[PDB]
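Below is one structure; the comments refer to it alone.
If you read the sequence from its start, that first residue is 1, and numbering goes on from there. Structure method, as recorded: X-ray crystallography, 2.3 Å. Atoms within a ligand are numbered from 1 in the order they appear, just like the ligands themselves. Note that these values count all heavy atoms, side chains included, but never hydrogens, waters or copies made by symmetry.
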Amino acid sequence: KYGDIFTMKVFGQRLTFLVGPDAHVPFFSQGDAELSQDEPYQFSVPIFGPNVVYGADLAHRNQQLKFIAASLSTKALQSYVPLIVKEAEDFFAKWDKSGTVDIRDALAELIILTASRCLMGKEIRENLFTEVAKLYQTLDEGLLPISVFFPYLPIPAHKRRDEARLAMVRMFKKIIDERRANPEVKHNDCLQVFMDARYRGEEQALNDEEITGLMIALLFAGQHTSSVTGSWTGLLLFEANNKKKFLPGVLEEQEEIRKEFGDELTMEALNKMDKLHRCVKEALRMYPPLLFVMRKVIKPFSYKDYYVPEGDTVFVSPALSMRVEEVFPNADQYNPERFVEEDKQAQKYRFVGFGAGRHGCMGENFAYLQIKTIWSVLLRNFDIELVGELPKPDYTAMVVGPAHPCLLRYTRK
Ligand code: HEM
Ligand SMILES: O[C@@](Cn1cnnn1)(c1ccc(F)cc1F)C(F)(F)c1ccc(-c2ccc(OCC(F)(F)F)cc2)cn1
């Protein structure tokens, strides 16, 4: 079991898989001239919309990615964290003195609530949430297996998808027009950043399609990644064995933070929760939400004496790569504290839950803050137990989440 590169031919296409840190090197270390995202990620274009992300040419795409990075910078996150905390506290306040919850359903709800606020702004959060959630659900239901091959197939799900997108644009057109009418009012959200964004060489702001598309993209990200890793984080920690070993260190750490900082959850406090961080990271190691990341090969390369020609699609599976024993001792065991030592390793591309290199996750820090917020609030206010077996990965959506039901029992402290 030290195969680390192999090829299928399927549908007349050569798929080449790269497993483990050495094989990863040609995937992550190269750039846009050598590897292309366009063709593998076609499926996303009619979801986010035309001329947005993988539907834009490189020139525009590279600038859109800089806008996104700005919207999720450290500075921006400082101002979002209060919002993220409030939403979480309001949400879990609604909970009874004890009961049972599907954690996956719950965190999907909370994360899309929070995202609507930070991404899309107060107006939408407070006036139009239900409309936005419904429109998103429709978008998401137009992502079928067939859609990765034929995105613009005129089947019903695709029609409703396209209609839902256009509706979403119309909704934001109103908010944007109102904001341009009153442009001296500052707003704390990604929308503001996208409204102030300008392409270079041009007095051109993004139109409403592009702005809406960038926000669909980021909403999609949170629902497809953060919400699942957020669920696993708890499912894994509050399994009886894992709970025994690891929860003490976590609860201790929360109390040490409260003594230095107080009851208030802040950027600085969350940034100190190392043991909780590693719990999230280990859930991510074991059940990464993205099955594959992919590129079309433009410039051929060899790894060992294995030749990968132009026109190949190369794949990395974070799931596979991070179950390799040579890299991760007891690969199939839950051990958060592996990352004390693992984090000190010099060799690149061992952990690839957030990808790496030029196109690594720009939302990593946001994800950690969102997920640590959730579990900080939960840990501080409840005693929690896993109901039954640890769920198995469910591969039906275009996302690998824990299979329903994902039940936790809670009792208030
Ligand atoms: C724990 C949750 C998350 C995981 C596991 C995750 C994972 C990843 C991975 C593996 C990539 C690389 C994709 C590729 O190479 O093609 C990526 C890219 C990206 N992620 Fe995330 N992500 C997460 C959360 C987020 C969040 C919350 C956002 C923002 C809303 C976000 C925004 C992005 C963006 C914009 C990229 C594009 C990188 C590029 O093409 O340059 N992610 N993410
Ligand atoms: O990488 C994403 C997802 N993401 C990244 N971070 N959080 N979510 C992405 C990238 C940039 C964004 F702005 C928003 C995004 F959501 C993405 F571009 F849409 C994306 C890329 C690849 C996949 C993907 C994952 C697994 C797949 O399985 C392969 C198979 F379907 F079997 F053929 C197929 C596709 C999903 N989303």
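For ligand 2, the recorded drug is VT-1161. Most heavy-atom contacts to VT-1161: the chain the PDB entry names sterol 14a-demethylase. Among all non-hydrogen protein atoms, the one lying nearest atom 37 (N) of VT-1161 is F43 CZ, 3.7 Å. The nearest protein heavy atom to atom 16 (F) of VT-1161 is closer than 4.0 Å. Near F292, the atoms of VT-1161 lying under 4.0 angstrom from a non-hydrogen atom of the residue are 24 (C), 25 (C), 26 (C), 28 (O), 29 (C). Protein heavy atom closest to atom 18 (F) of VT-1161, with residue, atom name and distance, is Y54 CE1, 3.3 Å. For atom 34 (C) of VT-1161, the protein comes within 4.0 Å by at least one heavy atom. Closest to atom 19 (F) of VT-1161 among all protein heavy atoms lies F220 CE2, 3.5 Å. For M294, the heavy-atom gap to VT-1161 drops under 4.0 angstrom.
The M398 neighbourhood of VT-1161 comprises atoms 31 (F), with distances under 4.0 Å to a heavy atom of that residue. If you number the atoms of VT-1161 from 1 as listed, the ones under 4.0 Å from a heavy atom of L291 come out as 26 (C). Less than 4.0 angstrom separates atom 9 (C) of VT-1161 from none of the non-hydrogen atoms of the protein.
From the protein, the heavy atom lying nearest to atom 14 (C) of VT-1161 is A217 O, 3.5 Å.
Nearest protein heavy-atom contact of atom 5 (C) of VT-1161 is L290 CD1, 4.1 Å.
For VT-1161, the heavy-atom contacts closer than 4.0 Å come from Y41, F43, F48, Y54, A217, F220, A221, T225, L290, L291, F292, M294, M398.
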